[PDB]
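Complex: ZK200775 / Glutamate receptor 2.
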Amino acid sequence: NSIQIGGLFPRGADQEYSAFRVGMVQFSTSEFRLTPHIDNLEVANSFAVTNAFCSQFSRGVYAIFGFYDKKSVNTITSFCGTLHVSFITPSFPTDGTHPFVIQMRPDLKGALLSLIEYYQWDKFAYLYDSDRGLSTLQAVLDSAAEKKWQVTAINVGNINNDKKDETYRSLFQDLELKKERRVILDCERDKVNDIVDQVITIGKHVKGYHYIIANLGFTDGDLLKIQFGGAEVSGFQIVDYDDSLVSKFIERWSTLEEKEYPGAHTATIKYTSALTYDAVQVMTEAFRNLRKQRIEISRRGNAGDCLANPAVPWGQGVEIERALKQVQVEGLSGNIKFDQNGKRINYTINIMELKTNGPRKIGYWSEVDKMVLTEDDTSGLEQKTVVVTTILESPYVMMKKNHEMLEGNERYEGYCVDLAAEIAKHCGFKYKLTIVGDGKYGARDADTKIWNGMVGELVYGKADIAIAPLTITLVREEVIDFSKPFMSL
Amino acid sequence: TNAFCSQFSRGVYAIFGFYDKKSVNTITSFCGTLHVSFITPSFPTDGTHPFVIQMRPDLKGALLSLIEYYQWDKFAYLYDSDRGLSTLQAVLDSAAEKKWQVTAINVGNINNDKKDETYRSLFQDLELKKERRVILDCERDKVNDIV
Amino acid sequence: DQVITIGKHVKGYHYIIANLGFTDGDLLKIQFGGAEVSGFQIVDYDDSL
Ligand SMILES: O=c1[nH]c2cc(C(F)(F)F)c(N3CCOCC3)cc2n(CP(=O)(O)O)c1=O
């Protein structure tokens, strides 16, 4: 038979409802159909969410897809926990252990705390919009004690649309006083586009500035505005476009016309829409495991009223929750596995970074491993260090008190060692001291015509410079270049 | 929700009652919609909400006056979430403006079987700066657990 | 548009716009940022005519 479900969509979730219907037609199978009843409402209103939940509950559904806000999350988790209806959601994962709520959004408290340590920040601003709990602000403040962080938290989300420019430009003038160059933008797309419009306008997208965008949606804003300028911006991505399942999806996603699928004719999908697409895979695969293991369930003749007295559970509901949490699919976001609370485990968050070419994956974060860097750090560039030849003469170069205990240039001291430090500082290179193997200065054999010593290590190619007591001679400057004498004798 | 609707269906003229951080949005949305004015001793709501008459005064202004009065600039702020997080934001907004170094620690996610253990882990991270000035933004029961 | 995009409308930079039409472009784009821009104007809007 077909399976009745419900949908709580916001008024403005055009792409999310478009990606919902795309996932409908792709994961449907002749055996059973997930016939929905879609309600549109505002999710910041707990009266509307109460009234729409009870319309879905009276009209016999088996699970409710939907979104919630800060205002409605406690209406949702209470109704679903009490009436044993399951709720599947792309919204923020709840702060708690709520039954009958399956969270499709992974978590980025752990990944964001790993990335601040990776850049070794210890003083930074944190701009937060309220907007979905306040739990990531609270997670960096609970860690700021034991990680030695000085965090400047600014509420950036009470701002209205007519004093927008005046509030933000006055905001970064305050941080300018404290020399804040490191900022985390814990906002969503529409708010993070407004902030990067203002950091460009007042010239804070230049070098010296670092930005971390604490979304799961790094390449969902307009990053081409801040891509040149010099500021380093970093972020997180759960939708890897360099995967086979995603690239096959973008193929059919980009060809859709924006009359039957608004917000679809493009090559990037928002992560909340990717999780809406993945949630149809999760529901369908779980209702397939419902009819597979012969657990066959009916709703009731009436479903009663949500505000019943007493409101009674229904024993089939525990099975449906347990079936929704055993799902082990692969979706646009990666591995979709839930724990017993309904929160995603075994997931991956790609740590991106904006370069002049574009956004560049510089690693990932897994729950079990940690932040894992990926293989691209081999191709940066390096300094091209300079090999410098010396010789053991006191006091020019002579080995220090502990030869073997020290490693590198620090094995050596003397006049020419202090001279090599001064030549390198003015020219601008990095050097690696090297005693000449033959332990000689350089002379030419009458038969073989081969230059020995530090001279032949410059004539033939072993070295680039010879800082030494090396006498400026006629027969030597025919084959090498001396400077003016640093010591007359 | 069920008990608001039992009194809306008995037809009352106003409702006296309490709310939590979990039920504040249920109350202010129903009373804002069905016009069933709510008189409450609970915490003042974070925003402008119609048909809610709030008998508890406020404390954000009196608390930021007292921090300035003692000339505090480095302190710990131990909070509990149950009255919202409005006063945490108020001392964090005023810390940016006035160069305070607040250590905000959520002390309300602590249960009865991990009290003596995590409280010693609490007061350990205070000794990393040797915090001597502590604000206890909890209610009566939790402030006795800390004292 | 390009000096904003690559961050050269910040302090330290000075620009002279050699038109007779200073307030005929979009100067509100570069007005904050810190760069000093200067120019010329033959049409004084603070005149009676
Ligand atoms: O370029 C040259 N620079 C040299 C520098 C020095 C030193 F003084 F140590 F710096 C000396 N020594 C002189 C005293 O006894 C120890 C070695 C020899 C050098 N020789 C070989 P020489 O001059 O033919 O004997 C060179 O060829």
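For reference, chains are lettered A, B, ... following the sequence lines as listed. All residue numbers given for chain A refer to the PDB entry; the residues shown span 10-498 in order. All residue numbers given for chain B refer to the PDB entry; the residues shown span 59-205 in order. Using the numbering of the PDB entry, the residues shown for chain C are 206-254, in order. Order of listing sets the numbers, starting from 1, for every ligand and every atom in it. According to its header, this structure was worked out by electron microscopy, 2.8 Å. Part of the entry, not all of it, is on display, and contacts are counted within that displayed part.
- The chains other than those of the drug that have a heavy atom under 4.0 Å from ZK200775 are A.
- The residues of other chains having a heavy atom under 4.0 Å from ZK200775 are listed as A/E402, A/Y405, A/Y450, A/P478, A/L479, A/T480, A/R485.
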